[PDB]
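Note: structure shows PF-04217903 engaged with Hepatocyte growth factor receptor.
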Amino acid sequence: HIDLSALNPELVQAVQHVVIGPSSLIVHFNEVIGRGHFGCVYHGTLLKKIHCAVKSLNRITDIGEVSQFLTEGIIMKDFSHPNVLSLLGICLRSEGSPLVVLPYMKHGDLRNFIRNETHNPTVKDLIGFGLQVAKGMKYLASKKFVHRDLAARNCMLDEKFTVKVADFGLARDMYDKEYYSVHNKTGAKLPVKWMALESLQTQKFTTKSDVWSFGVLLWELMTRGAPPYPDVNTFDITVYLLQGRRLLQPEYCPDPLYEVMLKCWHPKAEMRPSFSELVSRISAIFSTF
Ligand SMILES: OCCn1cc(-c2cnc3nnn(Cc4ccc5ncccc5c4)c3n2)cn1
């Protein structure tokens with residue numbers, strides 16, 4: 001049972017902006033639509049019935065950990081952009097950690113979508129998805145928000161095939177454990193094959209390290225969801241990058257788009273493009289299609 005009286009009053013006020021009453025939420029706990037380390041995602045209906053995704057945090061039992069997670073993620077309620085996942089609300093109830101209510105994404109995560117052989121997205125399709133992500137990140141960067149886990153698995157596609165940058169704020173979790181490793185300086189599970197060289201070395205994350213991750217995501221898109229560096233052990237990713245080595249150009253990646261990827265992975269963080277620059281560059285590349 002989570003008591004609001006025990007929680008920081010400032011956090012309580014913030015949360016009370018987006019609270020959903022239990023009687024307004026129906027959750028189908030027999031319908032798992034995603035699985036994270038903090039809890040699963042379930043089909044829900046919000047009430048005018050709205051189809052939604054309900055993210056559990058029930059694996060987080062410590063009040064202090066729940067408090068910290070809410071504190072770090074609540075700013076999500078302040079964001080509004082077509083390429084950024086929105087928050088529908090938070091359901092506080094009698095027993096269990098708060099439920100995070102999110103818009104339902106009919107087409108799931110971007111990586112699974114492009115790996116699906118029946119979909120067979122074209123080069124144009126894939127660059128288009130990449131442009132959408134760049135716009136969402138441009139928005140978050142303008143808000144000084146550092147994502148820290150950008151990757152194709154962490155972007156969702158809605159019913160209109162609009163890409164939402166996701167897995168941040170209250171929606172943050174590890175949804176595919178295979179791509180997080182403890183082989184790094186922090187000893188915690190991190191997406192090391194998406195991380196900028198300086199993040200692996202200094203444990204610090206910035207918008208410019210998000211740009212590095214975006215470069216990897218672009219590579220994911222153009223390979224239709226191939227795993228990066230399949231032949232590089234998690235023990236070796238830092239030295240691999242230190243040696244100046246990088247992901248190779250995908251077969252169906254246009255030369256100018258691979259140039260963009262390489263700029264995203266410049267060893268000097270300040271030498272890498274802003275997301276505003278990336279939107280401009282990728283928009284031009286897309287338009288030639
Ligand atoms: O291999 C991992 C596949 N996978 C990625 C996710 C994922 C990646 N980033 C996310 N950001 N928020 N949410 C929760 C969420 C939000 C909306 C959903 N709509 C339909 C189906 C599942 C949904 C899951 C996210 N889920 C779920 N499964």
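By convention here, the first residue in the shown sequence is residue 1. Read the numbers this way: they start at 1 and go in the same order the structure lists the ligands and their atoms.
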**Report entry** Non-hydrogen atom of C155 closer than 4.0 Å to PF-04217903 (ligand 1)
**Finding:** no
Query raised in the report: What is the nearest protein non-hydrogen atom to atom 20 (C) of PF-04217903 (ligand 1), stated with its residue, atom name and distance?
Result: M105 O, 3.2 Å
**Report entry** Any N or O of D176 closer than 3.5 Å to N or O of PF-04217903 (ligand 1)
**Finding:** yes
Query raised in the report: Touching PF-04217903 (ligand 1) at all, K55? Heavy atoms, strictly under 4.0 Å?
Result: no
Requested in this report: Starting from atom 28 (N) of PF-04217903 (ligand 1), find the nearest protein heavy-atom neighbour and note its residue, name and distance.
Outcome: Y175 CB, 4.2 Å
Query - Taking atom 3 (C) of PF-04217903 (ligand 1) as the reference point, the nearest protein heavy atom with its distance - result: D109 OD1, 3.5 Å
Query raised in the report: Can you tell me the protein heavy atom closest to atom 9 (N) of PF-04217903 (ligand 1) and the distance?
Result: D167 CB, 3.7 Å
Report task. Please could you name the atoms of PF-04217903 (ligand 1) that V41 approaches to less than 4.0 Å, counting only its heavy atoms? Result -> 24 (C)
Query raised in the report: When only distance counts, is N112 in polar contact with PF-04217903 (ligand 1), meaning an N/O pair under 3.5 Å?
Result: no
Query - ATP-binding residues (UniProt) in chain A with heavy atoms under 4.0 Å from PF-04217903 (ligand 1) - result: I33, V41
Requested in this report: Identify which residue UniProt marks as active site in chain A lies closest to PF-04217903 (ligand 1), and report the least heavy-atom distance rounded to 1 Å.
Outcome: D149, 8 Å
Query raised in the report: Which domain, as defined by UniProt, of chain A contributes most of the residues in contact with PF-04217903 (ligand 1)?
Result: Protein kinase
Query raised in the report: Which residues from the surrounding chains have any heavy atom less than 4.0 Å away from PF-04217903 (ligand 1)?
Result: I33, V41, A53, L85, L102, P103, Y104, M105, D109, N112, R153, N154, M156, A166, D167, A171, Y175, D176
Check PF-04217903 (ligand 1) for N or O atoms under 3.5 Å from a protein N or O and list each pair with its distance.
residue	atom	partner	partner atom	Å
PF-04217903 (ligand 1)	1 (O)	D176	OD2	3.2
PF-04217903 (ligand 1)	11 (N)	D167	N	2.9
PF-04217903 (ligand 1)	13 (N)	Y175	OH	3.4
PF-04217903 (ligand 1)	19 (N)	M105	N	2.9

